[PDB]
S.K.: 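Here is a structure with varespladib.
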2 protein chains.
Amino acid sequence: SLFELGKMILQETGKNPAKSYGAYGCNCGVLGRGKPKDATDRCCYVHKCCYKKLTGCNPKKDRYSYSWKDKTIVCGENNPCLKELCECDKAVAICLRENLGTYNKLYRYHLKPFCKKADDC
Amino acid sequence: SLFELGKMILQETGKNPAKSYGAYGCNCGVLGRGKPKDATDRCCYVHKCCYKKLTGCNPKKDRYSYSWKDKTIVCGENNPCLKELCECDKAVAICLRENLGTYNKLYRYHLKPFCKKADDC
Ligand SMILES: CCc1c(C(=O)C(N)=O)c2c(OCC(=O)O)cccc2n1Cc1ccccc1
Ligand SMILES: CCc1c(C(=O)C(N)=O)c2c(OCC(=O)O)cccc2n1Cc1ccccc1
Ligand SMILES: CCc1c(C(=O)C(N)=O)c2c(OCC(=O)O)cccc2n1Cc1ccccc1
């Protein structure tokens, strides 16, 4: 669910998830996908496409189990779809931390309606 | 949809919706409901309970028709669920504008794990 995603982003990046990523670029936060503005935006683009493949469950509301061992997100879920969901969330949290170096505050509250259309997932 | 909701909030409050309300208190933004911190937070609490009473239409993705006539939000929508959805969004936009006087910047991006569980709607 969005709860576990938010905890993951806070654990990996150390940043408030909705502040730094609630409306970043054309893909982070609300209002679907668009042409990525930068590397951080592409993390959210990939993450949204990760959600679109979850054909057997529901990413926004389905809670899953994960652990924080050796400063690493570990998805211990036995259910295959929840496990696939947890790995989507873990990937974007790692991706967002890995691209903090090119984070641009000018994209933090980006006017998404004027974004160029995105390619199909 | 979030498009209409965001535009309603801007027209009523004069504030940008994601920057000022994308994460406020315990109820504004994603991550569900919680014990509200103030009157602004309670607007989003009531708003989410309003969404729960809807009759099948998707509050996030479904578009509806409304007009800004004589500085008033008018829900001309005729579909019963989309009309109620429009009325939910108009209510929170008015609520946030009515309570701007106690808008506390410290509750912006309020850490959402912080919050106590909310009462049932
Ligand atoms: C980058 C963070 C993010 C999403 C992403 O991880 C992303 N843009 O991919 C995402 C999101 O994406 C899933 C989807 O659109 O279905 C939907 C809604 C909000 C979304 N926040 C903001 C947020 C998440 C969790 C706690 C607090 C704020
Ligand atoms: C689409 C929702 C939205 C914003 C978003 O949700 C978004 N683009 O992120 C946003 C906005 O940005 C959030 C922020 O700056 O706080 C600023 C101002 C208005 C904003 N409307 C309403 C709107 C946008 C474009 C045309 C007509 C109405
Ligand atoms: C108060 C603003 C708000 C929501 C509310 O109005 C609120 N928390 O009640 C809400 C929201 O709530 C509906 C729900 O949780 O299903 C879900 C996701 C984002 C939400 N933004 C932020 C936003 C909305 C529209 C344009 C730009 C930013």
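Every chain is numbered from 1, with letters handed out A, B, ... down the list of sequences. According to its header, the structure was obtained by X-ray crystallography, 2.0 Å. In each ligand, atom 1 is the first atom listed, and ligand 1 is the first ligand listed.
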S.K.: At the binding site of varespladib (ligand 3), which chain contributes the most contacts (name from UniProt)?
M.R.: Basic phospholipase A2 homolog piratoxin-1
S.K.: Other chains with a heavy atom closer than 4.0 Å to varespladib (ligand 3): which ones?
M.R.: B
S.K.: Just to confirm my output: which protein heavy-atom neighbour is closest to atom 6 (O) of varespladib (ligand 3), and how far is it?
M.R.: B:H47 ND1, 3.1 Å
S.K.: Just to check, does B:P59 reach to within less than 4.0 Å of varespladib (ligand 3) when the distance is taken from its heavy atoms?
M.R.: no
S.K.: Using a 4.0 Å cut-off to any heavy atom of B:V30, which atoms of varespladib (ligand 3) qualify?
M.R.: 18 (C)
S.K.: My question is simple, although I want it checked carefully: is atom 23 (C) of varespladib (ligand 3) less than 4.0 angstrom from any protein heavy atom?
M.R.: no
S.K.: So if I count the atoms of varespladib (ligand 3) from 1 in the order they appear, which ones are less than 4.0 Å from some heavy atom of B:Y21?
M.R.: 1 (C), 2 (C)
S.K.: Any atoms of varespladib (ligand 3) less than 4.0 Å from a non-hydrogen atom of B:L5? List them with their elements.
M.R.: 6 (O)
S.K.: So is there a nitrogen or oxygen of B:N27 less than 3.5 Å from a nitrogen or oxygen in varespladib (ligand 3)?
M.R.: yes
S.K.: Among all the protein's non-hydrogen atoms, which is closest to atom 11 (C) of varespladib (ligand 3), and how far away is it?
M.R.: B:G29 O, 3.9 Å
S.K.: How close does the nearest protein non-hydrogen atom get to atom 13 (C) of varespladib (ligand 3), and which residue and atom is it?
M.R.: B:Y51 CE2, 3.5 Å
S.K.: Going by the order shown, which atoms of varespladib (ligand 3) are within less than 4.0 Å of some heavy atom of B:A18?
M.R.: 27 (C), 28 (C)
S.K.: Regarding varespladib (ligand 3), does B:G22 bring an N or O atom to under 3.5 Å of one of the ligand's N or O atoms?
M.R.: no
S.K.: Which other ligands or ions have at least one atom under 4.0 Å from varespladib (ligand 3)?
M.R.: ligand 2 (varespladib)
S.K.: Please report which non-hydrogen protein atom sits nearest to atom 25 (C) of varespladib (ligand 3), along with the residue it belongs to and the distance in Å to one decimal place.
M.R.: B:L2 O, 3.5 Å
S.K.: Nearest protein heavy-atom contact for atom 16 (O) of varespladib (ligand 3): which residue, which atom, what distance?
M.R.: B:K60 CE, 3.0 Å
S.K.: Can you check which residues touch varespladib (ligand 3) if I set the heavy-atom cut-off to 4.0 Å?
M.R.: B:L2, B:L5, B:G6, B:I9, B:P17, B:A18, B:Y21, B:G22, B:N27, B:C28, B:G29, B:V30, B:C44, B:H47, B:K48, B:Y51, B:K60
S.K.: May I have a table of the N/O to N/O pairs between varespladib (ligand 3) and the protein that fall below 3.5 Å, each row giving the two atom names and the distance to 0.1 Å?
M.R.:
{"from": "varespladib (ligand 3)", "atom 1": "6 (O)", "to": "B:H47", "atom 2": "ND1", "distance (Å)": "3.1"}
{"from": "varespladib (ligand 3)", "atom 1": "8 (N)", "to": "B:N27", "atom 2": "O", "distance (Å)": "2.8"}
{"from": "varespladib (ligand 3)", "atom 1": "8 (N)", "to": "B:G29", "atom 2": "N", "distance (Å)": "2.9"}
{"from": "varespladib (ligand 3)", "atom 1": "8 (N)", "to": "B:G29", "atom 2": "O", "distance (Å)": "3.4"}
{"from": "varespladib (ligand 3)", "atom 1": "9 (O)", "to": "B:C44", "atom 2": "O", "distance (Å)": "3.3"}
{"from": "varespladib (ligand 3)", "atom 1": "9 (O)", "to": "B:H47", "atom 2": "ND1", "distance (Å)": "2.9"}

